[PDB]
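Contents: one structure, followed by commentary.
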Amino acid sequence: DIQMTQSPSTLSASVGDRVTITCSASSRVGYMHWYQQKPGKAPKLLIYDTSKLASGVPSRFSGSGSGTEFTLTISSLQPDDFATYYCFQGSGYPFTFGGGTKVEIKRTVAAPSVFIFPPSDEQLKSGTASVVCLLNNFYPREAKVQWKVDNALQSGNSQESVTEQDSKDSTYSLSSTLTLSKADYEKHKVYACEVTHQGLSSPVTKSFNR
Amino acid sequence: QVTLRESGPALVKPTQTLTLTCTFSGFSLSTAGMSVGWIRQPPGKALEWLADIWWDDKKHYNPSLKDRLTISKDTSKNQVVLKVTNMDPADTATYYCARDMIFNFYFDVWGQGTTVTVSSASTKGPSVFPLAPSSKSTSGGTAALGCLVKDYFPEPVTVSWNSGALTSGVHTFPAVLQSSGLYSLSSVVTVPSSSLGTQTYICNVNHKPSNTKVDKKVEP
Amino acid sequence: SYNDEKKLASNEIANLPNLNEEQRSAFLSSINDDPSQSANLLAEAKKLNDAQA
């Protein structure tokens, strides 16, 4: 069959940068097509027949190439261009896709706003308690979040999740959830989330008293 | 215009056969040159084409699927069905249908996709809990609030706010797998603090795999 | 790259103004089945097209 390798597989560029993704096929195809896939969405046709713009696609996008070597170009990277891009060939069966290129947006550092939500009373009845720490709209992605219950650092009883980069402001957000049985929960008093980030001069703590 | 929509079970057991249905509009599969194809995408991996069917009943299958596929059409009802035998957890993926034409040989319109998980574990519905805004979730200016959707299986869960009327400021986090083997996620949204008293905020939570629907009002 | 042959030949069939849906379907399906027959099928389509002008 015909297979394609894309490069780079991951790409990070600032808004306004010109970006190029290449797709090299194992053998000649008459056309290369490109798809854009945003987080949580289906792929959307972007370029077809090598250089033709699909509908609802800004002039920012262009495509080129022939034989085994094809390129997709974005002439002025915008926040909403955050996506994974795939090349695709329909010239021979099986139809195939390249491995994808994740395009990330570089932007100015931004400190997280930190919030904390205690366990809702509704949950406490069921006999379990989750305390949620939230870091909102920060860049870059790297951050550290530690839990302290009565000044005692915690381990292995919390889980983090981070969003994909926002399509508007290119920031991330992150939640950290501390899970305890209602028993251990009423066994301690102060509940605190400690946050470290490049955009913060000193680590920010958010806490509350049971 | 053209739309396609995939449907089928959210959960199937290893060795079982999966049946997926694509229902489409805006075009006809009796039209000369028309085709529907199926593509899937495992978590964090690339897209993989699976099969296609043409208006003339011609069919193609990806050899990577080892003869496990059968595709068929009902032109009358605008439906294409794909069956996959002997499901394995490696087949856990989002499955898409999309339109092709013999004039094109590219998929120009896709469905939204339907997520399938292959597991012996059984379906479990979420509990939905308030993440009430307070002085402790305020910056400015602005207060965060949300809903905690915990202990469910399989994926996915969808969350809207105010029946889709509230979109700005919403972050729904990717689910995390807990040690219990169940998923949990939160959805949050920042709104003006001055609206806390006048504007009702409701998270609409769907876990279709367990036929759960919950509209929770989140207040101070 | 058999599908490129299909794609080119199919667009040439699409260009013809005087074929009905039944006839278009016939030629396109033949192309779909065996692209190497394109030169021949196009000749046949053009002749049928012209006779129906």
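Every chain is numbered from 1 and lettered A, B, ... according to where its sequence line falls, protein lines coming before strand lines. Only this structure's heavy atoms are used, side chains among them; waters, hydrogens and symmetry mates stay out.
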Molecule at chains A and B; choices tanezumab, motavizumab, bimagrumab, epratuzumab, glenzocimab:
motavizumab
Which chain forms the largest contact interface with motavizumab when counted as heavy-atom pairs under 4.5 Å, and how does the PDB entry name it?
motavizumab epitope scaffold
Taking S10(C), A26(C), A9(C) one by one, which has the highest count of heavy-atom pairs under 4.5 Å against chain B (motavizumab)?
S10(C)
Identify which chain of motavizumab has the largest number of heavy-atom pairs closer than 4.5 Å to chain C.
chain B
Portion of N104(B) that has a non-hydrogen atom of chain C nearer than 4.5 angstrom
backbone
With chain B (motavizumab), which of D33(C), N11(C), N32(C) has the greatest number of heavy-atom pairs at distances under 4.5 Å?
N32(C)
Contact residues of chain C for motavizumab, heavy atoms, cut-off 4.5 Å:
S1(C), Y2(C), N3(C), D4(C), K6(C), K7(C), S10(C), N11(C), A14(C), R24(C), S25(C), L28(C), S29(C), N32(C)
Using non-hydrogen atoms and a limit of 4.5 Å, which residues of motavizumab are in contact with chain C?
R28(A), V29(A), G30(A), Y31(A), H33(A), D49(A), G90(A), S91(A), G92(A), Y93(A), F95(A), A32(B), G33(B), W54(B), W55(B), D56(B), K58(B), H60(B), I102(B), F103(B), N104(B), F105(B), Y106(B)
Name given to chain B (PDB):
motavizumab heavy chain
